[PDB]
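Sequence lines map to chains A, B, C, ... one by one, in the order shown. We're sticking with the PDB entry numbering for chain A, so the shown stretch reads 1-8, in order. The numbers used for chain B are those of the PDB entry, and the residues that appear cover 671-843, 851-918, in sequence. Atoms within a ligand are numbered from 1 in the order they appear, just like the ligands themselves. So this one's X-ray crystallography, 2.1 Å, going by the header.
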Amino acid sequence: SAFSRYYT
Amino acid sequence: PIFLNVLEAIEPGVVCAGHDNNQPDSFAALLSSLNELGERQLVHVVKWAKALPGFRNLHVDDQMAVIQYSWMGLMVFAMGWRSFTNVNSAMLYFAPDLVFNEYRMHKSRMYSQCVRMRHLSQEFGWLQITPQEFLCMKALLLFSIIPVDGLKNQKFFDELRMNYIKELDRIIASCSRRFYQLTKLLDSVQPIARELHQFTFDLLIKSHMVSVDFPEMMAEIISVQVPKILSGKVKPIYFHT
Ligand SMILES: C[C@]12CCC(=O)C[C@@H]1CC[C@@H]1[C@@H]2CC[C@]2(C)[C@@H](O)CC[C@@H]12
């Protein structure tokens, strides 16, 4: 996801 | 204590929406700028959360899950506080460049939701909530919504959330009514977030028809994570029944 890529 | 030191140190500063206050108030303009406020506040919520005491204890997917489920309540709570401390709850202080007056509460087609948020904000006044009680309450809202089937490492979550409750009771201290009252307030965030979830979801579904822009992370969260809440797979944790 855009969120998980950003988060990690 | 160390705990409060941290919450105050990591608290995010000012986030602007990038709203063009020259354009006339339209549903599409107001909603698009709120959507963009959300994406930018999402970044700060992420960095705040990673710096929270014990948070890195959670399995990484739990860390991300809990963020993607609770950002609405988190953000609504903080905006309630801003509204209270900036404009004494007369208006909804989404951002310094995005302040809702009644006309905008109307033009956004979210008026009843807005009334509820203003009511929340009013509460900070009515209850004489302190900055410290705010900060601790807000931390707890991050650990206030989980899948009904539990998390990847449920035990670490339970223990973290317990500790945050303990901290809120600590910075409280016939003192009994207080805690009743703060938990109650915390619960009241949940129905408001629920309505906004329902609202943003419907809005995204139809957004191409109404020329409302959803930025990228907002689009994906609202379509992937938010329906797990609306469908009942993920539910808030209520203090009171
Ligand atoms: C989180 C925001 C923006 C961040 C904030 O200060 C509270 C506020 C509450 C309503 C949300 C909005 C982000 C964009 C949303 C989700 C719109 O799509 C409909 C409801 C809006």
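Of all chains here, the one making more contacts with ligand 1 than any other appears in UniProt as Androgen receptor. The molecule at ligand 1 is the drug named dihydrotestosterone. Other chains with a heavy atom closer than 4.0 Å to dihydrotestosterone: B. Lab note: binding site of dihydrotestosterone, heavy atoms under 4.0 Å, is B/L701, B/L704, B/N705, B/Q711, B/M742, B/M745, B/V746, B/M749, B/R752, B/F764, B/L873, B/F876, B/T877, B/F891, B/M895. Taking UniProt's list of 17beta-hydroxy-5alpha-androstan-3-one-binding residues in chain B, a heavy atom lies under 4.0 Å from dihydrotestosterone for B/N705, B/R752, B/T877. The nearest heavy-atom contact from the protein to atom 10 (C) of dihydrotestosterone is B/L873 CD1, 3.9 Å. With respect to atom 11 (C) of dihydrotestosterone, the closest heavy atom belonging to the protein is B/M742 SD, 4.1 Å. Interface of B/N705 with dihydrotestosterone, defined as ligand atoms under 4.0 Å from a residue heavy atom, comprises 14 (C), 15 (C), 17 (C), 18 (O).
For atom 2 (C) of dihydrotestosterone, the protein comes within 4.0 Å by no heavy atom at all.
Counting the atoms of dihydrotestosterone from 1 in the order shown, those under 4.0 Å from a heavy atom of B/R752 are 6 (O).
Close N/O approach between B/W741 and dihydrotestosterone is not found [any backbone or side-chain N/O within under 3.5 Å]. Listed by number with element, the atoms of dihydrotestosterone under 4.0 Å from a non-hydrogen atom of B/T877 are 16 (C), 17 (C), 18 (O), 19 (C). If you check which protein heavy atom lies closest to atom 13 (C) of dihydrotestosterone, you get B/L704 O, 3.3 Å. Dihydrotestosterone is contacted mostly by residues of chain B from UniProt domain NR LBD.
The atoms of dihydrotestosterone that sit less than 4.0 Å from any heavy atom of B/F764 are 5 (C), 6 (O), 7 (C), 8 (C), 9 (C). The distance from dihydrotestosterone to the heavy atoms of B/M749 drops below 4.0 Å at these ligand atoms: 6 (O).
Annotation for dihydrotestosterone: atoms under 4.0 Å from non-hydrogen atoms of B/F891 are 18 (O). The PDB entry lists the organism for chain B as Homo sapiens. Counting only heavy atoms, the protein gets under 4.0 Å from atom 8 (C) of dihydrotestosterone.
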